[PDB]
Amino acid sequence: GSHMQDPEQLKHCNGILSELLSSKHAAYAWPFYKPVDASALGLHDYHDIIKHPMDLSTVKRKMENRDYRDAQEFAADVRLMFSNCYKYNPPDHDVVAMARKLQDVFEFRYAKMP
Ligand SMILES: Nc1nc2c(ncn2COCCO)c(=O)[nH]1
């Protein structure tokens, strides 16, 4: 059920999303900018292991099209994106180190929900 705080909380979500895509975090955010191109990377098992792909360009499109109805729905997709990375890759892989740093950015600012 829609709350009157939902538009404002979604604005905070959109702010976080803008930050995740900004130059400030680009050194570790870039693997998450676009959908994993499994074939191009030779990751021919990716879509057998990851049943629900997610990436920041897909989150952005969903925010722009008002697909997300509340902050929780946005947050679940962002976390899905990170969880896919932790599921597919070995935990010492550099892409996982980048995921953890970007998720720290996400979680600490998401916790600042006004
Ligand atoms: N190994 C691997 N590469 C990824 C993953 N997520 C993002 N990338 C890198 O894609 C960006 C293009 O080089 C992932 O989970 N698997």
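Sequence positions for chain A are given in the PDB entry numbering; the residues included correspond to 341-454, in order. Heads up, header says this was done by X-ray crystallography, 1.5 Å. What you see below is based on every heavy atom in this structure, not just the backbone, and it leaves out hydrogens, waters and symmetry mates. Each ligand, and each atom within it, is numbered from 1 in the order the structure gives.
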Engineer: Name of the drug or drug candidate at ligand 1?
Structural biologist: aciclovir
Engineer: According to UniProt, what is the name of the macromolecule sharing the most 4.5 Å contacts with aciclovir (ligand 1)?
Structural biologist: Bromodomain-containing protein 2
Engineer: At a 4.0 Å heavy-atom threshold, which residues contact aciclovir (ligand 1)?
Structural biologist: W370, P371, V376, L381, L383, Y386, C425, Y428, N429
Engineer: Quick one: look up the protein heavy atom nearest atom 4 (C) of aciclovir (ligand 1) and list residue, atom name and how far away it is.
Structural biologist: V435 CG2, 4.1 Å
Engineer: Among all protein heavy atoms, pick out the one at the shortest distance from atom 13 (O) of aciclovir (ligand 1); state its residue, atom name and that distance to 0.1 Å.
Structural biologist: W370 CZ3, 3.5 Å
Engineer: Do me a favour and list the nearest non-hydrogen protein atom to atom 7 (C) of aciclovir (ligand 1) with residue, atom name and distance?
Structural biologist: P371 O, 3.1 Å
Engineer: Check the deposited model for a covalent bond from aciclovir (ligand 1) and report its residue and atom.
Structural biologist: none
Engineer: Specify the protein heavy atom at minimum distance from atom 6 (N) of aciclovir (ligand 1): its residue, its atom name, and the distance to 0.1 Å.
Structural biologist: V376 CG2, 3.6 Å
Engineer: Could you identify the single nearest non-hydrogen protein atom to atom 10 (O) of aciclovir (ligand 1) and state the distance to 0.1 Å?
Structural biologist: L381 CD1, 3.8 Å
Engineer: Is the closest N or O pair between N429 and aciclovir (ligand 1) shorter than 3.5 Å?
Structural biologist: yes
Engineer: Near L383, which atoms of aciclovir (ligand 1) are under 4.0 Å from a heavy atom of that residue?
Structural biologist: 1 (N), 2 (C), 16 (N)
Engineer: Counting residues of chain A that contact aciclovir (ligand 1), which UniProt domain comes out on top?
Structural biologist: Bromo 2
Engineer: Quick one: which aciclovir (ligand 1) atoms are inside 4.0 Å of a heavy atom on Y428?
Structural biologist: 16 (N)
Engineer: Give every pair made of an N or O atom of aciclovir (ligand 1) and a protein N or O atom lying under 3.5 Å apart, one pair per line with both atom names and the distance to 0.1 Å, or write 'none'.
Structural biologist:
unit_1	atom_1	unit_2	atom_2	d
aciclovir (ligand 1)	1 (N)	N429	OD1	2.9
aciclovir (ligand 1)	15 (O)	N429	ND2	2.8
aciclovir (ligand 1)	16 (N)	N429	OD1	3.3
aciclovir (ligand 1)	16 (N)	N429	ND2	3.4

